[PDB]
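So, a structure with estradiol in it.
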Amino acid sequence: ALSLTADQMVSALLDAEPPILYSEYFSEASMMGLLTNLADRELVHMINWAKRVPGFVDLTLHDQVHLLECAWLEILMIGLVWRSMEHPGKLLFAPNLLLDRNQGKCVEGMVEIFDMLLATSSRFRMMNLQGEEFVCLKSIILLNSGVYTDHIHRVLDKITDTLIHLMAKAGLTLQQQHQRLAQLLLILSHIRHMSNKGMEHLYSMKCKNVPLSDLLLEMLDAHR
Amino acid sequence: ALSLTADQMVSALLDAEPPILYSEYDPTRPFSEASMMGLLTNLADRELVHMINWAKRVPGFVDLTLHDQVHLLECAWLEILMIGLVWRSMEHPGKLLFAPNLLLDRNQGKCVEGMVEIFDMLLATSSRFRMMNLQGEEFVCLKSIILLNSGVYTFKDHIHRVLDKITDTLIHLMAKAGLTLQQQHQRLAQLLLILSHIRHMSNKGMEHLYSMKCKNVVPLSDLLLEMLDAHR
Amino acid sequence: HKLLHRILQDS
Amino acid sequence: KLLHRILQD
Ligand SMILES: C[C@]12CC[C@@H]3c4ccc(O)cc4CC[C@H]3[C@@H]1CC[C@@H]2O
Ligand SMILES: C[C@]12CC[C@@H]3c4ccc(O)cc4CC[C@H]3[C@@H]1CC[C@@H]2O
Ligand SMILES: [Cl-]
């Protein structure tokens, strides 16, 4: 893991990418149904992706479970925000479920989460985020988000090296590399915030009682 | 489409490959005929959506009228699901990898009436691919051929042109892999002859699915109902 | 029309 | 939990 070159790290991450999944082809119980069904199916692919994030299968099963429980909604969200980059004003949940901001209103308390997601998407667009940078960010999220609840920090340093390598290769000055690195990592703070808000929204939906999968339920539960 | 080199054909087809999907297999319970048919048709339905978008990326396919596109997909869909399954299952002797969380042996195929004989044909096809050492580049070519060929005499010179291009591409891959000229046409024949078996299996599977529907074993999505209905 | 006919038009 | 199993199978 820590022996790979930056290019090999990027290659590995690109190769590990999960597929884009489809929705079914609205009320509050209907849209939440589509969204949660999609999320549950994506979750299964995410767990495969995780095992191919360099250093992750090196961890104990307990630690793997913990990171995924902490990270999963953050990872779904950065995925969605990436998919939606070239669709200003819309969220590309699936190629056949492209939702504008106003459709957020069908579901109580969602338009705000929609707004935060759109803002992130808009932010990435302005930064001209690259795919190779995106997969680095997604790996950082997996490994960082549960890490406070040494090998992991070495792997995190490697991914930072990889990000800097991409910016160097793109022709950015030293000063521009550090600034862009900073800009990208600060967005992860916003993504953590969105995940927190999304987690509470999902919990309250469970309470009103759309059905949730067992898997989705225990992911939810771990956040107590 | 007709301008693509062989390598660009191969690259386009590799790029267009759909993902491997997961089933909703629930291991808390033993299989029933209904639950197993439910799993398999739920999987088929979701794979169909990806197949349809794959089809649009096969060279020459979106040149066709919407009616012709519909026709080809209606004729080929189960053949395409099956050749994918058989490809997925190649490195799992004696088992069908319907999904990474749904790996089945012929014994499990027995919980569905009339299914085990279709499993056996699928398994034998998988063994055949394994014994031939079928390559991924060869596999994507075959799947494209199925798409464009299976409905063409139930409908075009344009499709035949593309089919000829895929033939050139298959030979190119074999030459590049160091096969002698004789070996090239022998292997081309062997691969194409397997398509006859896949057609046959599709016809059995279609008759099987129809009986399941006609006995109210599983509910089918509107898409699956209409695919099935296209065949009578 | 057939469901497929419409579905095919979705990007 | 369930998750515990995916990670192994
Ligand atoms: C979890 C929610 C439903 C599932 C949503 C989803 C579903 C699928 C997906 O790929 C990304 C996202 C991010 C936003 C998530 C939502 C935030 C609140 C809502 O409950
Ligand atoms: C169509 C059947 C269910 C769906 C099956 C399936 C489902 C998914 C898939 O990827 C391939 C196949 C091939 C075998 C199919 C079966 C043959 C008979 C049965 O009814
Ligand atoms: Cl899916």
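Reminder, nothing fancy here: chain letters follow the sequence lines and each chain counts from 1. Both backbone and side-chain heavy atoms feed into the values below; hydrogens, waters and symmetry mates do not. Both ligands and their constituent atoms are indexed starting at 1 by order of listing.
- Counting repeats, the structure shows estradiol at ligands 1 and 2.
- Among all chains, the one with more heavy-atom contacts to estradiol (ligand 2) than any other is, according to UniProt, Estrogen receptor.
- The chains other than those of the drug that have a heavy atom under 4.0 Å from estradiol (ligand 2) are B.
- For estradiol (ligand 2), the residues with any heavy atom closer than 4.0 Å are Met37(B), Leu40(B), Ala44(B), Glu47(B), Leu81(B), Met82(B), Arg88(B), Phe98(B), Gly205(B), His208(B), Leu209(B).
- In this structure, chain B contacts estradiol (ligand 2) chiefly via UniProt domain NR LBD.
- Atoms of estradiol (ligand 2) found under 4.0 Å from any heavy atom of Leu209(B) (numbered from 1 in listed order, with element): 20 (O).
- Both criteria (UniProt 17beta-estradiol-binding in chain B; heavy atom under 4.0 Å from estradiol (ligand 2)) are met by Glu47(B), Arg88(B), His208(B).
- Not a single N or O atom of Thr41(B), backbone or side chain, sits closer than 3.5 Å to an N or O atom of estradiol (ligand 2).
- Listed by number with element, the atoms of estradiol (ligand 2) under 4.0 Å from a non-hydrogen atom of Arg88(B) are 10 (O).
- Of all atoms in estradiol (ligand 2), listed by their number and element, those nearer than 4.0 Å to a heavy atom of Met37(B) are 20 (O).
- Listed by number with element, the atoms of estradiol (ligand 2) under 4.0 Å from a non-hydrogen atom of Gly205(B) are 17 (C), 18 (C).
- The entry attributes the source of chain B to Homo sapiens.
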